[PDB]
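Structure follows of fluconazole associated with Sterol 14-alpha demethylase.
Chains get letters A, B, ... in whatever order the sequence lines come in. To match the PDB entry, the residue numbers of chain A are left as they are there, and the shown ones run 28-251, 256-476. Just so it is clear, chain B uses the PDB entry numbers, and the residues here are 29-255, 257-476, in order. To match the PDB entry, the residue numbers of chain C are left as they are there, and the shown ones run 29-476. Chain D is numbered as in the PDB entry, which gives 28-476 for the residues shown. Note: hydrogens, waters and symmetry copies are ignored here, and every other heavy atom, side chains too, is used. Note that ligands are numbered from 1 as they come in the structure, with each ligand's atoms numbered from 1 the same way. The deposited model was determined using X-ray crystallography, 2.8 Å.
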Amino acid sequence: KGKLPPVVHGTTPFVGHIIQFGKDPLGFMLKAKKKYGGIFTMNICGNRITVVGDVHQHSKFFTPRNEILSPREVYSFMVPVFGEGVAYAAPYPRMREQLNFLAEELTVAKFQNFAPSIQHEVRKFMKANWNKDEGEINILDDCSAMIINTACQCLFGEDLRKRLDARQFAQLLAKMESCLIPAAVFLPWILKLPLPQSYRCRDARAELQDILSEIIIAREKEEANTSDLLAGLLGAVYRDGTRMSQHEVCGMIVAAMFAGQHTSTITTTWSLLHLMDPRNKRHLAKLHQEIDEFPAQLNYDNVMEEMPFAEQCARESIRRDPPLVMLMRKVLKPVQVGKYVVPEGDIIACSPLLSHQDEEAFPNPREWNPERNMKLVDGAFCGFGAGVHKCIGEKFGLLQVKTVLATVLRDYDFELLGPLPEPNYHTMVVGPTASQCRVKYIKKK
Amino acid sequence: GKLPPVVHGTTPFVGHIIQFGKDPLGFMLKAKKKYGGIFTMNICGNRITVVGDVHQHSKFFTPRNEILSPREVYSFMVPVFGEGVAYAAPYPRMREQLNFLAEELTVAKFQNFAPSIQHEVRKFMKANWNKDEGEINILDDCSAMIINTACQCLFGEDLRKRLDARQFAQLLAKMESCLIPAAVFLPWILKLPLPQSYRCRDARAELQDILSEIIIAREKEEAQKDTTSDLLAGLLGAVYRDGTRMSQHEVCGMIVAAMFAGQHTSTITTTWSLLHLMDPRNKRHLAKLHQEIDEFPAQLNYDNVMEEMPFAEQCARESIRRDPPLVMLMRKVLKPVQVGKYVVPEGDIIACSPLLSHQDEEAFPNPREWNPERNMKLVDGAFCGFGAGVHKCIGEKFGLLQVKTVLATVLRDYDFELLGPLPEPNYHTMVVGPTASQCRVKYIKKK
Amino acid sequence: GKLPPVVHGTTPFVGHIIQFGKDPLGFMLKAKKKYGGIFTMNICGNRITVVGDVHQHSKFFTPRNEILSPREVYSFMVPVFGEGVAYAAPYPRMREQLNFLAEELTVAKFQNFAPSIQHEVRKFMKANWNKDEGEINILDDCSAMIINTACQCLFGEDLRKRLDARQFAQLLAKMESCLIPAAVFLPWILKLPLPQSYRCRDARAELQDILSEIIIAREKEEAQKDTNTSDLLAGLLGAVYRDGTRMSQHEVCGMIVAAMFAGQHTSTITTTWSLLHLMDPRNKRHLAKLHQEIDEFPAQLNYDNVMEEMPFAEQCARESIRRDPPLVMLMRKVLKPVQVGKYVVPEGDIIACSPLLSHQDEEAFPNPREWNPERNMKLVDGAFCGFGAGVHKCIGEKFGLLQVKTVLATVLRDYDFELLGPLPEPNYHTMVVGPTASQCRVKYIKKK
Amino acid sequence: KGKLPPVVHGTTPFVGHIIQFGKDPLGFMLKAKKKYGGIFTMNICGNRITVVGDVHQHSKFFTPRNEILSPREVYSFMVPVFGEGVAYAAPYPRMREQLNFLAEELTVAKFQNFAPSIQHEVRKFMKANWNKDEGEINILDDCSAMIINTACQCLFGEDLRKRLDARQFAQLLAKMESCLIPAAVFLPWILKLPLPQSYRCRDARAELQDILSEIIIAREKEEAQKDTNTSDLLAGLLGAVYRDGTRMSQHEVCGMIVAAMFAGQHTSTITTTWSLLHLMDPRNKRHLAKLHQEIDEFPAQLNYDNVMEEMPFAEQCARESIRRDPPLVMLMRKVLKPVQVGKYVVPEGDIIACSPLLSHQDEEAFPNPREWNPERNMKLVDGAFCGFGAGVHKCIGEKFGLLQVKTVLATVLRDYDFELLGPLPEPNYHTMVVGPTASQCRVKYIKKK
Ligand code: HEM
Ligand code: HEM
Ligand code: HEM
Ligand code: HEM
Ligand SMILES: CCCCCCCCOCCOCCOCCOCCOCCO
Ligand SMILES: OC(Cn1cncn1)(Cn1cncn1)c1ccc(F)cc1F
Ligand SMILES: OC(Cn1cncn1)(Cn1cncn1)c1ccc(F)cc1F
């Protein structure tokens, strides 16, 4: 009993498929699925990675417990950012607890005065950098800018932004992001070489933790209130009565800012790219309807329970081109999947990038269509993952994407300068090709 | 001949990096003291001989490219310049390319740069410093002014509509991001699949398509040919000694090299100077500076800044003497060079540090003191903020043009005040400047 | 939960290697003495904890693969075994594979092995030691006799026609050229464009095509179905995984190379050492007692003569391995923390048992540098782990001992030996540790 | 005043054409030569290498003095084997004298009893290893073994082979060669990595040096009687005298003896092998026939003369094998001063190369290039054949080498016939010295009955 998933042919003797796969990740798998079916095994530098390409077996990957499927080792290449013993790095229970701490820091109830704050930053930026009747900009960069500004304005209190504003923090982030080497998942060793990056990362992170400390100690003096994400983590308590270290606190914060930064920016950038695509005049018009009925100053309910189509666009761009191409786990205990049995020590993966393309659940995959149904196949859509490690920021993330859309589209139109941007898979968080993201903007004179 | 003294305390495979990393300047200061000006570090199996003896600077800046070559030591910048450009190009191709740029930067090319610079510096202040007073990050604001004043001076109008200063400084970041100076000692780093590496290529590619985009339109519109040459136009006119023209690839690479070069160094200089100018200790220097500028009208002309601003230059030059933006100039020894009593073998990396040399107490007594009145020629050849000899900075004139001009304009309308102890230099970055976070300052105008 | 001491004196990025490489045994002898049996070295930024406490051996050999895994620590050998074979393969896949080889080496598979071993050993003697007396390198000669006897026993007649023991010895060399054990601590080594890595690739390719061309040729001739004395290849071709499927020609080639490589070096070293000690003046009594045991035997030995009636010969071989174990460092990757003695070894750490170190423990093996066949191996139950223990315990022990024993009994029945200098000292700079080859010149004597 | 050769398109960001090149060098270059012409420029990890593919300009690569075109930096990857300051690692004048010292040790006047010794080792091995009516062997390995045996027998004196035999020596060559990483030419930093191979090499060369030394201090004591002496290679490199009146150092001696043995080993065996493989190929029946006629005449104990000047076709076979698949596939030089090549100019700092592999496929100079024809005209285009290089560094072992290959061919085929068991081997371009893919060299030998 227990059959093994087919190992993809044409595997180099020792380097595996890392080259074949790297060049064209989507095509590689997309083809591979046809020759061997949904479930198949890649050999990446001696590593067995088995992808769940069958959309009907997703629950098999998102359901099992950490004891069977584990994310600790797979995501260890991020330790430099989070810090040692933080998040995934820590033991499961410790990890479980910490992730939760952040989760509740991003729940609807904590969205007080977030909509206005987002609206405030988006407009200050627009009235700062798009002050001409019409102008040429890189929408990917400008969204990344607007996104970080609004993310900080919401999760950071006033005293924190004064000593460390949005533009300065971004700098710390990039310095810490410069040591994130995703190939480290297949080359754990590369994380042990003498690298300058990992030095600049220790610094940047150490600088942040210093500020935080110097703000906590400042609050502890002025203590003798709109509690932000910071004050939120400093209050949380473990199951044994102890609190988080400033090291742990600093780690979660960074994780939150990184996590929400690129995904939200990409999910916004895409949409805009689609909505401004001539083939979408339909969706663009409908959207304007949905928001033309809104006043200048938006409120919580306005975007949460009254912008369904907007959310559909946000959720459709993520279905077409998922920011996270490959969700991985370490198989600690053998798991039945389809007609196959993925063995222990193997690397098991569900690719949002892949599954999203199954013509069965998503016929005509390469067409950006908000209208199409996401539930057509249950568990098929995994843009925010599912089960144990479901995105705990989906709500907060959608809030931004949507509020930024509304804001931008209410005041500006857009046109493409060339063919639609094609996804670039050479980045940890996948987004449209930056060099293909040059666009013109129409002001509403 | 005998080899220099190899500073002891070397680790099995690391070498001195660990200790050099912690403090480069301190490390050398200590070494020079113990071993003398000429000593040898070992950086990951790589031998690097620094010319600490200030008297021997010419031994470094003088020899021809046959003996000393910057080609292999500057390759890590290929991602910025592009394949086969600048250093990444054949030796003679490098010389010709660098000349073409040197010619595009001669004083003869500064006709309305003065007015341009002031315009941008007055649009920024009136837009970012409008309150009676306020707190800001000077280093960040000077950077913004510098890229603006550069793009306004070197970039034609038709080019600036496709890519304004802001969006250009945007593409620089994405390209500077890939830069890994350490690659000089750990070459395999470049061979490693790193995101940054992809970043740079795409950023450079984006600037590439705009330039070409811009170019051909110029040819189409070029038909009338009846009546102001920018940098892009100048380069496109350069013809090699073999009768061929630079390729759009080479034209792009050179423009980036120019902008990248003048962007960081110019802002770092302008900023430092300002910081020293607002320090209590330097009350006298600030007073003398105003006198020199108080005489000038609203609109400054080329002469005013160049010939009639001698102390301004001394301040800027002194700011580069104290905290030199380019801390380590390197070369590859292709043939043994006699330095002092010593002889540097071939294959060895020879280095002159404007940072270490600018601390020489003989040449610069009270080194950590910012004194515009000090004598730079005390030891002829000591100061090398602009490198020297064969590879002397080809943008010194244009650079000083901005700095001096920018200061005259800002200080004419504003005063400044520190918010803490004067920032310390941050050595972690490829172009050394004052620690960013320490650069918040308050501004004041006294109409 | 307390960590084992980290032996002090570590350079920044190198670790203890430089020191350890100079002298591994001396380093572990010095460590063990200072910090106690359980300690931790650093090897190029890799924590490696050696279970030197000879009373804690079970805590290394016993844990299940989930906890302690050999898979990654043995991946530098992939170029030899092949992609997804043996260690490279998934654990279930692996465990089954090794069991197949296991079953092809049970004592039930020694039908005419003894006679085959003698024939070779006598063919070699009468071809290379024909003079009244002569000078020879006994290590080199034992290597030949061992590869000849192994091939004779395991390879069918058709296989040996295409690839004789000499030809196969070549392939082994070509293949074991790449191996870079250091790849264990410096993995990127395997990524570099090294000549070695291509050589392996090609050599295993050669052996690969011959096995395949032999198989398809056995299938055509199979049309007759005449009685065939199934060889090692035959048996593996007859193995079936729990999932019904059969071993591929690739995996079949791997297990054959695996066994041949494993037995060739360890068998020859054990043989040579034993001969070396037996000819050492200090061991006149031991040689004398050995002859007594084998004088009673006839020209043609049988399975029972060597198995149940050569207990002192085996002792000699077993004590040779106790003194100078061929496999010096057994390693595992720690997946889940393990309680060892008082200490706890954290996950991500490499755990090791060094037979070499363990076999020197004075409480277990007093006067440890003395080759004493009379010594008690079980003085401290568990101390001796020449053949490993627990889950991965050697599966060729019996077959290996069969050879060493049968060979000793043949050689010493017709020959005597004298050293030409001080007894050879082990050379630790090889993947499998044996006596120094250059110190291996020896004088032989015809008996009669 | 000059034009730069075209640079081939499609360059990967940091690895250049390295991946494409590595796959199929011959093809890559062939296609490049086609698209761009004989003189083109590849980019190997930021390194510009210009290949003189125009078989008419070969002289512009082999001629120039060292000051213009230098082999030092290009050949520094062999330093671990020759040693610091030896051979190319040395200063040119120093270098030249050392090669000279080796040259005069390999001239034809030193060969009287070479032929007989060669035959002896070849036969000893055949009767030792091919003593059956017919058998299956890897002709590559076996020729390798015979070649290393004969070489030693010819250059080492008895007292040495006593202390050192061809089996032990080959064992040291192996150890040392394990550090020869050709790629190190483009990726020098490679040689600075903590690799165990470089330690194994230090130890092999230091062990060989000690052996040689104990032999020398012995030849200096056994000296007093001064018994009749036939000096071996070692004896000769001990008498050589620099222009400054000083003698080589045991380190320098240890290097040259090693460089000689290495250079002589692989090429001799690769050429002998290929030859044998082509002769056993059914398509070359007439060539195999013509060869048997040239040797049949000779007696068992071949003589220096009859092998030197009475075995012409036998030599043409060795020389056409080298022309088809040159062992040394890429001859490089560092350009210190620019050089005019054809219309183009090769700039300083650039790596320049002459590819025997590429030039040898020139349809004009060698029509039907992939066809092994020993009757072809090698001079059809004067200068086109460069298997033994030319000019400043032309092979000094050419004559000693051919002497081996030919004598080995005459001995082997006199008693044995061969049949391929598969298709003609294809060259394996993944080794420092290029030969037939070893795994494809299994062949059937047949005792002449
Ligand atoms: C709309 C944009 C977003 C997308 C498309 C997205 C996508 C995902 C996906 C696919 C996963 C599952 C990863 C896996 O299976 O290993 C995940 C998990 C996670 N996300 Fe996001 N995410 C988004 C926004 C955010 C935001 C805004 C935050 C916080 C501010 C965040 C924080 C997290 C965290 C902490 C987890 C791990 C949860 C756990 O391990 O239990 N994400 N996200
Ligand atoms: C005012 C601040 C500046 C300082 C302190 C400075 C400093 C230097 C130094 C020390 C060198 C020689 C370094 C070496 O030997 O590698 C150099 C060369 C160079 N500089 Fe600057 N520079 C400044 C402004 C500029 C500007 C505005 C440009 C505009 C293009 C520029 C472009 C260049 C170029 C292209 C070279 C290379 C010339 C060669 O290879 O010989 N620099 N500079
Ligand atoms: C007679 C001298 C021998 C000695 C001293 C010896 C030693 C050892 C040792 C200590 C181990 C365990 C290594 C570890 O735990 O990592 C082992 C495993 C092994 N040996 Fe041997 N061995 C000998 C002969 C043989 C022979 C004749 C064969 C047959 C080809 C063989 C095949 C194997 C195999 C296949 C394993 C792996 C088993 C597993 O991983 O479960 N050995 N040997
Ligand atoms: C047929 C077999 C041989 C071939 C195909 C061959 C080929 C070559 C080639 C092409 C060169 C030029 C290398 C360059 O330009 O950098 C060369 C140089 C050299 N060869 Fe050979 N060779 C052979 C036999 C030998 C023999 C028998 C020896 C004797 C030890 C030898 C020793 C040398 C030496 C010392 C050099 C360098 C000479 C110098 O730098 O001036 N070779 N060989
Ligand atoms: C992802 C594409 C497929 C290839 C995957 C790996 C590619 C690696 O390219 C070459 C990397 O070379 C690694 C060299 O690392 C050298 C380690 O140096 C460590 C420090 O050395 C001195 C002190 O130990
Ligand atoms: O899931 C990520 C890490 N991701 C990047 N590569 C593979 N997975 C980011 N992503 C998830 N939500 C939003 N972005 C993450 C998970 C947890 C976390 F704290 C940060 C973080 F980036
Ligand atoms: O020409 C070689 C070096 N060769 C190896 N890679 C590239 N060229 C060998 N070759 C030349 N003749 C015979 N073999 C050589 C040159 C000089 C030397 F001393 C040794 C040596 F192998």
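Taking every copy into account, the model assigns fluconazole to ligands 6 and 7. Chains touching fluconazole (ligand 6) with a heavy atom below 4.0 Å, listed by letter, come to A. At 4.0 Å, heavy atom to atom, the residues around fluconazole (ligand 6) are A:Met105, A:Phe109, A:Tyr115, A:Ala286, A:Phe289, A:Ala290, A:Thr294, A:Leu355, A:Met459.
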